[PDB]
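The model presented next includes triclosan.
The chains are labelled alphabetically, A first, in the order the sequence lines are listed. By the PDB entry numbering, chain A shows 2-258, in order. By the numbers in the PDB entry, the shown part of chain B spans 2-258. Quick check of the header: X-ray crystallography, 2.5 Å. As the structure lists them, so they are numbered: ligands from 1, and atoms in each ligand from 1.
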There are 2 protein chains.
Amino acid sequence: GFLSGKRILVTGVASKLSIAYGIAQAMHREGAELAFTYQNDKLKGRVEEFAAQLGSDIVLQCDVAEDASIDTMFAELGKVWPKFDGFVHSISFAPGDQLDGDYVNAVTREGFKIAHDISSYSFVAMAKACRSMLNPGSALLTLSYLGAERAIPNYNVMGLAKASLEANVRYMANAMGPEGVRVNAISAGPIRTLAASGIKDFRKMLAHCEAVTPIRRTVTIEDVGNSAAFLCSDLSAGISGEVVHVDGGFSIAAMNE
Amino acid sequence: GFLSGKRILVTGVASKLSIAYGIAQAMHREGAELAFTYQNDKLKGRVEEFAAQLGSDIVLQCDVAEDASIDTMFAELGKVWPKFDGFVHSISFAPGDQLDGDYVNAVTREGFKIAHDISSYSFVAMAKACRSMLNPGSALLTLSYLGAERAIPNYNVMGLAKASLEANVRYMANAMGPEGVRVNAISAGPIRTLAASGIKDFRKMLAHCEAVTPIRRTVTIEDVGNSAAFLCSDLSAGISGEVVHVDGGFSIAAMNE
Ligand SMILES: NC(=O)c1ccc[n+]([C@@H]2O[C@H](COP(=O)([O-])OP(=O)(O)OC[C@H]3O[C@@H](n4cnc5c(N)ncnc54)[C@H](O)[C@@H]3O)[C@@H](O)[C@H]2O)c1
Ligand SMILES: NC(=O)c1ccc[n+]([C@@H]2O[C@H](COP(=O)([O-])OP(=O)(O)OC[C@H]3O[C@@H](n4cnc5c(N)ncnc54)[C@H](O)[C@@H]3O)[C@@H](O)[C@H]2O)c1
Ligand SMILES: Oc1cc(Cl)ccc1Oc1ccc(Cl)cc1Cl
Ligand SMILES: Oc1cc(Cl)ccc1Oc1ccc(Cl)cc1Cl
């Protein structure tokens, strides 16, 4: 596999429907050694379950809200992987009330802070903590969404956090490049997952992003997975600070009936 | 002037070097009635003087770091301007220990939060507090910077803040558009302002631009004011959710020597 010999930390796996699960699955297939993290005691068991299916016995607890949680996690990974080759950041959050109805009315100072902290700061918080642990040629990857570029209904505050995320990607990519680290993000299209139920009326939202989509179908965790495996391999050595769209061309088209 | 019969609130005036000053100066020239706010009593004095020169005796204390502060200000203003037509958002801040050196190294959860809070959320918080006081045809304007589209040295976390700011302009314009409110932004080039001297090596980044810029000179507060005046008048009734570059064309060039 074009990923053999690589050691990648995968986060955000919560179910077989999780985009991260599709990513881990595709990387394992390409020969990568994986390491997983779970947010809390509620998810641990299931993460270990999937971790086992992928020949991995490295399951660490990690809540990006707590800097100390992040330092303890990496201080632990360091006991088996003194050095690894990057990680996948697949984490987002915002209280439900932030994603419903008018944006100006729903958004609050508190909701704003949580969405940006958990969805955009955590990405660099993790890079800072494991900086010296990364081998040259390592790659860091995160997941964004079209709402960062266009204003989408009900997505509201997340759109601003995602915009911030993509900017984070470019600043991280620029600062860490001389060390041999690349940073990119995949801006995936609508995919029915667990949290995907958060946005109001998402069932009919994915139906819209099908007929108007160039390839005439929404993407799967497999599609994002293959692209994520590519962006974290040595085959994409010339790509850094890029936001590649994996939405079947949905964004590059307009008024498709 | 093309702004006659308009009540506009102007924030950010800390000195005649302030971009906000260039903006108020041009609007007043166009016959627009202005209102003014100040961060702390340490500035109340100057602001009252400048306000008097522009035929305005409305100077309120407003600190966007506080919900109540924004509430009180719009309460006080409501006494004189039960209804007005928009405001100019010229506010940004991040602790110095965030604007100097490697981004991944300088950035802190605290620094990230404050930046995004004061420089991006403040813009939509102000719109929540005065949403009902806006006349149809109202216009809201904020100031951004190229750092939100590209990784620029030392600008660090502010870049993420400014990116958050621009998506904010898009979501606001899409939410308030049906009420008759337009939301835009100006992305200004480097200007020697009162806070400009705060960025690591600025007078150096200023000399560079005025050499690689198409119009072969950096912009002035008047250039920004004039575009600001236009973006808030009915003369641009067709623009909304747009980020117009007022930097002499710097962003659209590359490799000039
Ligand atoms: N589902 C989509 O259609 C879609 C589209 C574009 C981008 N994304 C992004 O993909 C990523 C994953 O989302 P998903 O669709 O796989 O949903 P998901 O529910 O399968 O996984 C989300 C994960 O976030 C984790 N998480 C939330 N808060 C956390 C915290 N404080 N600390 C550690 N982990 C935390 C969850 O525990 C969970 O694993 C997100 O960035 C998301 O926004 C999803
Ligand atoms: N100077 C530039 O080259 C440049 C380029 C692009 C954009 N901008 C933007 O222009 C805007 C104004 O910056 P400036 O160059 O005129 O500097 P400035 O020092 O003249 O004004 C900055 C203002 O921010 C206000 N402010 C800070 N925190 C505040 C708070 N908590 N509550 C209320 N007001 C607060 C200050 O009091 C001050 O008036 C910013 O958004 C800035 O980023 C500046
Ligand atoms: O970013 C996303 C984009 C889409 Cl189209 C669908 C789901 C997404 O993911 C989330 C949305 C809201 C919350 Cl609270 C948490 C997550 Cl993981
Ligand atoms: O955004 C800016 C861009 C440039 Cl080129 C010069 C000055 C700028 O403005 C600021 C930068 C940092 C802080 Cl703390 C506050 C402000 Cl007002």
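Put simply, copies of triclosan show up as ligands 3 and 4. Measured by close contacts, the chief partner of triclosan (ligand 3) is listed under the PDB entry as Enoyl-[acyl-carrier-protein] reductase [NADH]. Lab note: other chains with heavy atoms under 4.0 Å from triclosan (ligand 3) -> A.
Of the protein's heavy atoms, A:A95 O, 3.3 Å lies nearest to atom 14 (Cl) of triclosan (ligand 3). In this structure, the protein non-hydrogen atom closest to atom 11 (C) of triclosan (ligand 3) is A:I200 CD1, 3.7 Å. The closest approach between triclosan (ligand 3) and any UniProt active-site residue of chain A, by heavy atoms to 1 Å, is A:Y156, 3 Å. Within a heavy-atom distance under 4.0 Å, triclosan (ligand 3) reaches the following UniProt NAD(+)-binding residues of chain A: A:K163, A:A196. Taking the UniProt substrate-binding residues of chain A and keeping those with a non-hydrogen atom under 4.0 Å from triclosan (ligand 3) leaves A:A95. Here the protein heavy atom with the shortest distance to atom 10 (C) of triclosan (ligand 3) is A:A196 CB, 4.2 Å.
For the ligand labelled triclosan (ligand 3), residue A:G199 lies outside the 4.0 Å heavy-atom shell. Lab note: binding site of triclosan (ligand 3), heavy atoms under 4.0 Å, is A:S93, A:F94, A:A95, A:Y146, A:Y156, A:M159, A:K163, A:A196, A:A197, A:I200, A:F203.
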